[PDB]
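Structure first, commentary second.
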Amino acid sequence: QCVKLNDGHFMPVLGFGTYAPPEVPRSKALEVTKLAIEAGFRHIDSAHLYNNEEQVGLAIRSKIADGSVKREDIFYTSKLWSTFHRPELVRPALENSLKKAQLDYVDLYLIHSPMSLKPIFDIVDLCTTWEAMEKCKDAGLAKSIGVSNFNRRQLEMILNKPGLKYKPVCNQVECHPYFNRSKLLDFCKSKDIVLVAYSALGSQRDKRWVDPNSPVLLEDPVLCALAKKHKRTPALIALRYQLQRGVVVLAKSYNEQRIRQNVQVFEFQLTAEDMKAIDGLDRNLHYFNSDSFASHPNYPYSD
Ligand SMILES: NC(=O)c1ccc[n+]([C@@H]2O[C@H](COP(=O)([O-])OP(=O)(O)OC[C@H]3O[C@@H](n4cnc5c(N)ncnc54)[C@H](OP(=O)(O)O)[C@@H]3O)[C@@H](O)[C@H]2O)c1
Ligand SMILES: COc1ccc2c(c1)c(CC(=O)O)c(C)n2C(=O)c1ccc(Cl)cc1
């Protein structure tokens with residue numbers, strides 16, 4: 001089920017992650033997004049950067065056309081890529097995403113990252129980008145607007161903007177038991193901003209971005225022991241951890257069995273001692289860790 005956002009709309013608390021790397025054929029996103037909807041997912045997370053909005057959109061329209069769901073039962077997110085932070089570019093970028101997906105609106109549009117790129121880094125006052133996001137909500141192109149990859153200071157930037165019209169409903173950020181974002185979660189909760197966790201199953205470990213020496217979250221012994229205790233799986237422990245701390249959680253799978261398994265997160269719960277054991281895993285490990293952005297001026301992890 002769902003959480004009420006600070007603008008009055010509702011967001012399902014489990015979301016289907018749609019990114020797959022370039023070597024995966026583009027048609028696969030169609031197949032797996034249809035399987036997700038069948039399995040029970042109602043929140044679908046995409047982005048311009050994912051080069052899959054056409055296929056993800058066709059999956060959603062297909063499941064509407066066969067009568068499985070109504071458009072209003074689906075919560076679709078897209079994201080403004082970082083070459084489009086200049087405010088005059090924000091509405092056209094969102095209109096392009098809508099045209100690719102063949103939708104009239106997105107349920108949620110995010111600023112994908114604070115790290116602006118040449119429309120090579122760019123310097124852009126993200127307050128101005130945010131005003132343009134607000135106009136997209138006023139026009140009905142996005143029911144809700146939010147940000148992604150912002151740290152506390154960068155969110156405060158927006159919350160403290162003179163003439164602010166809409167707070168971000170959410171901040172979608174890397175978050176899992178090795179990097180659990182407790183303090184940022186407490187700050188988001190204090191401002192009625194939902195934290196949405198990505199790489200909640202430990203990421204896809206892409207060689208472009210992730211050190212292969214980094215520990216593999218789903219092989220963690222504490223998670224494996226809890227999975228045995230509950231006769232579930234390490235992935236389900238990881239997802240359930242997030243729901244119990246009030247985090248909305250995404251889960252990418254392009255495998256039919258695991259897609260179906262991930263919806264079991266609703267079927268069990270963890271005790272306080274389990275939760276404390278998980279919280280014990282925090283080690284400041286963001287799987288994104290590359291020179292390609294660690295040196296950006298708005299890199300979020302420099303705080
Ligand atoms: N805003 C941003 O900057 C940002 C960044 C990263 C991610 N995202 C969003 O968040 C989504 C999820 O994050 P993510 O892509 O890093 O991957 P993730 O959800 O952490 O998943 C990592 C891997 O877990 C595997 N998996 C899924 N279910 C499993 C299960 N039950 N058992 C064992 N393995 C399981 C999947 O492999 P299989 O496909 O082989 O199952 C997936 O590749 C993305 O697809 C995208 O929508 C956003
Ligand atoms: C661990 O997995 C990650 C981490 C970062 C990612 C992505 C995936 C994707 C892929 C996606 O969005 O699914 C994008 C576009 N990332 C960023 O641009 C990014 C770069 C640096 C920081 Cl600090 C934060 C975000």
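Numbers here simply count residues along the sequence, with the first being 1. Quick check of the header: X-ray crystallography, 1.7 Å. Both counts, for ligands and for their atoms, begin at 1 and track the order of listing.
As for ligand 2, the drug there is indometacin. Most heavy-atom contacts to indometacin in this structure come from the chain listed in UniProt as Aldo-keto reductase family 1 member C3. For chain A, the entry records the source organism Homo sapiens. Considering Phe179, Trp81, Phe293, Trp209 only, the shortest heavy-atom separation from atom 18 (O) of indometacin involves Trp81. At a heavy-atom distance under 4.0 Å, no atom of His286 approaches indometacin.
Looking at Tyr19 against indometacin, only its side chain comes within 4.0 Å, counting heavy atoms. The closest approach between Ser113 and indometacin stays at or above 4.0 Å for every heavy atom of the residue.
Nearest-heavy-atom check against atom 19 (C) of indometacin across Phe150, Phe288, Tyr301, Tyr50 picks out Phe288. At least one heavy atom of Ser199 sits closer than 4.0 Å to an atom of indometacin.
Shown here, atom 16 (N) of indometacin is out of close reach of the protein: none of its heavy atoms lies under 4.0 Å off. Of the heavy atoms in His112, only side-chain atoms (C-beta onward) come closer than 4.0 Å to indometacin.
For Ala47, no heavy-atom contact with indometacin is shorter than 4.0 Å.
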